[PDB]
*Asks:* 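Consider the following structure, which includes tioconazole.
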Amino acid sequence: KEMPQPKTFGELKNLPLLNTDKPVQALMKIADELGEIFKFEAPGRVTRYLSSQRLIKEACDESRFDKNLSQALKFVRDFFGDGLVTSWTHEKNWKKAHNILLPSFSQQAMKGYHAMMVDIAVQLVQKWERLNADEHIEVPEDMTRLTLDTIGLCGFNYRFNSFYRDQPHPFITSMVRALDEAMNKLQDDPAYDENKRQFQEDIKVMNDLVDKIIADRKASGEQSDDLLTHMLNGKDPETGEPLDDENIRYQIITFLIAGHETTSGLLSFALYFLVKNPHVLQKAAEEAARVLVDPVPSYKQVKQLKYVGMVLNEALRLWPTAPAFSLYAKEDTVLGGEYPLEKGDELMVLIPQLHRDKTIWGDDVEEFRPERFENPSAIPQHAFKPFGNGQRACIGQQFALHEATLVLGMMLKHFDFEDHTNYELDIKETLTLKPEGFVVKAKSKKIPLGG
Ligand code: HEM
Ligand SMILES: Clc1ccc([C@H](Cn2ccnc2)OCc2ccsc2Cl)c(Cl)c1
């Protein structure tokens, strides 16, 4: 009945516990100590972190709890506006944008996206084919090159050309530097006149890209029917109106970021686990060689990479790259027959801890075993939630998994991988998670590509 709560620092409640670069991992340690639920207090705010499937399945009941804009989400709303990720479920532009953009992520749009995904995937493979002996691969860096280019090309017919650059595309660098400048600005001096600029030019770099993506499309003798097409011309089935110009800008920035960061972390973590578990890599590589018999993979061939998809879900089990989502109680209710909640109370689903629930997965929760996912009907409801919940679940789930399956399959078909530094897992936390510094050597199997 009584709610566990970690340690207090007087007025600053529990916050100094998150005075760290890895707050999610710190919150996971707190969950290990206190268990399935614990209150976390901050000046003027209370959050309850859930970690067990028993409680989280109640939280995922949309008749009792709806998606909450956490403080983090309310903060980044300055950048993402009332786009799909940062709007309330009862905000009119959420339902309207959901209705308009849902057809862009169907298992029919994916068929039309496939060739452009292959385009960027081939560029990745060719980069690694062209490395000299004893040169190595910066894995999350190259996965980000891939996922950024893929969402840019598939969604907006815009080429970031990340494999033509030595460092991240200026749009990425400007946003990363703009987000932290907004973080530090919360804490009017002469020496900040340089900061308020790096800011202004960063805002301009991103407004210029959004302007160009829209202008390129309007000037195009267009054979285009992609995500941007529906943003600009899709009519709402309810109201019959398209999205307004301001919301469209927010959706473009929303999908550019959401469309690549979490998928890059997934591919990075999957390759990390494969090189740390050579028996699983050998098994996945055998499926890639068996299934991908053509110079470029086809849509149907990717859908037959069954074990690769299991490798991906097991990487999402251990390190779901969007590791938490927030809910609020629609009315007074009792959670799990033990914990009374008031209307408006916030719940935070700690996905990595949920995915380590021994009562669901057994004692070996830390082992990388993709065979856990051989029979999806053996996985209880709400035990596996890497893509959120309900009507506010990830609209891009199928996009991410198709891209990641295609790419990982092509990686396994064309290269043997060596953990040449004996890499020690270091998880950097930004908007997503990724294994920082993860490097490998890839020896080419010398299998031709197509074109
Ligand atoms: C492995 C990769 C990904 C993971 C783990 C992931 C995870 C999630 C999660 C947990 C949520 C719910 C957030 C919340 O409740 O506050 C969400 C929502 C969302 N995601 Fe993803 N995502 C991934 C890839 C993508 C991709 C590729 C796209 C776009 C192409 C995308 C776009 C979105 C959008 C627009 C929403 C908001 C949906 C709505 O509320 O209407 N995500 N995602
Ligand atoms: Cl605290 C927090 C941090 C990051 C995210 C999302 C996760 N994610 C990515 C793709 N699907 C879900 O990434 C940041 C982001 C990207 C566009 S808008 C927006 Cl916020 C959320 Cl939801 C909440």
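Just so it is clear, chain A uses the PDB entry numbers, and the residues here are 3-189, 194-457, in order. Indexing begins at 1, ligand by ligand and atom by atom, following the structure's order.
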*Asks:* What are the identifiers of all copies of tioconazole in this structure?
*Replies:*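 The answer, copies included, is ligand 2.
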*Asks:* List the macromolecule sharing the largest contact count with tioconazole (ligand 2), named according to the PDB entry.
*Replies:*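 The chain with the most contacts is Bifunctional cytochrome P450/NADPH--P450 reductase.
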*Asks:* Checking contacts here: is it the side chain or the backbone of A264 that comes within 4.0 Å of tioconazole (ligand 2), counting heavy atoms only? Could be both or neither.
*Replies:*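 Both of them.
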*Asks:* Determine if the distance from atom 9 (C) of tioconazole (ligand 2) to the closest protein heavy atom is below 4.0 Å.
*Replies:*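 Neighbour list for atom 9 (C) of tioconazole (ligand 2) includes protein heavy atoms (cut-off 4.0 Å).
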*Asks:* For tioconazole (ligand 2), note which part of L75 has a heavy atom under 4.0 Å away: side chain, backbone, both or neither.
*Replies:*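 It is the side chain that touches tioconazole (ligand 2); the backbone stays farther off.
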*Asks:* For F82, counting its heavy atoms only, list the atoms of tioconazole (ligand 2) lying under 4.0 Å from any of them.
*Replies:*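 Counting from 1, the qualifying ligand atoms are 17 (C), 18 (S), 19 (C).
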*Asks:* Can you tell me which residue and heavy atom of the protein come closest to atom 4 (C) of tioconazole (ligand 2), and the distance to 0.1 Å?
*Replies:*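 Residue, atom and distance for the closest contact: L437 O, 3.4 Å.
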*Asks:* Look at atom 17 (C) of tioconazole (ligand 2) and say which protein heavy atom is nearest, naming residue and atom and giving the distance to 0.1 Å.
*Replies:*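 Of the protein heavy atoms, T260 O, 3.2 Å lies nearest.
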*Asks:* Starting from atom 1 (Cl) of tioconazole (ligand 2), find the nearest protein heavy-atom neighbour and note its residue, name and distance.
*Replies:*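 Result for atom 1 (Cl) of tioconazole (ligand 2): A74 CB, 3.4 Å.
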*Asks:* For atom 22 (Cl) of tioconazole (ligand 2), is the nearest protein heavy atom closer than 4.0 Å?
*Replies:*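 Yes, because at least one protein heavy atom sits under 4.0 Å from atom 22 (Cl) of tioconazole (ligand 2).
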*Asks:* Other ligands and ions under 4.0 Å from tioconazole (ligand 2): which ones?
*Replies:*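 By number and name, ligand 1 (protoporphyrin IX containing FE).
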*Asks:* Tell me: protein heavy atom nearest atom 12 (C) of tioconazole (ligand 2), and distance?
*Replies:*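 Minimum-distance protein heavy atom for atom 12 (C) of tioconazole (ligand 2) reads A328 CB, 4.3 Å.
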*Asks:* For tioconazole (ligand 2), which atoms have a heavy atom of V78 less than 4.0 angstrom away?
*Replies:*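 So the answer, numbered in order with elements, is 20 (Cl).
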*Asks:* Define the binding site of tioconazole (ligand 2) at 4.0 Å using heavy atoms, by chain and number.
*Replies:*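 Residues with a heavy atom in range: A74, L75, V78, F82, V87, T260, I263, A264, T268, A328, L437.
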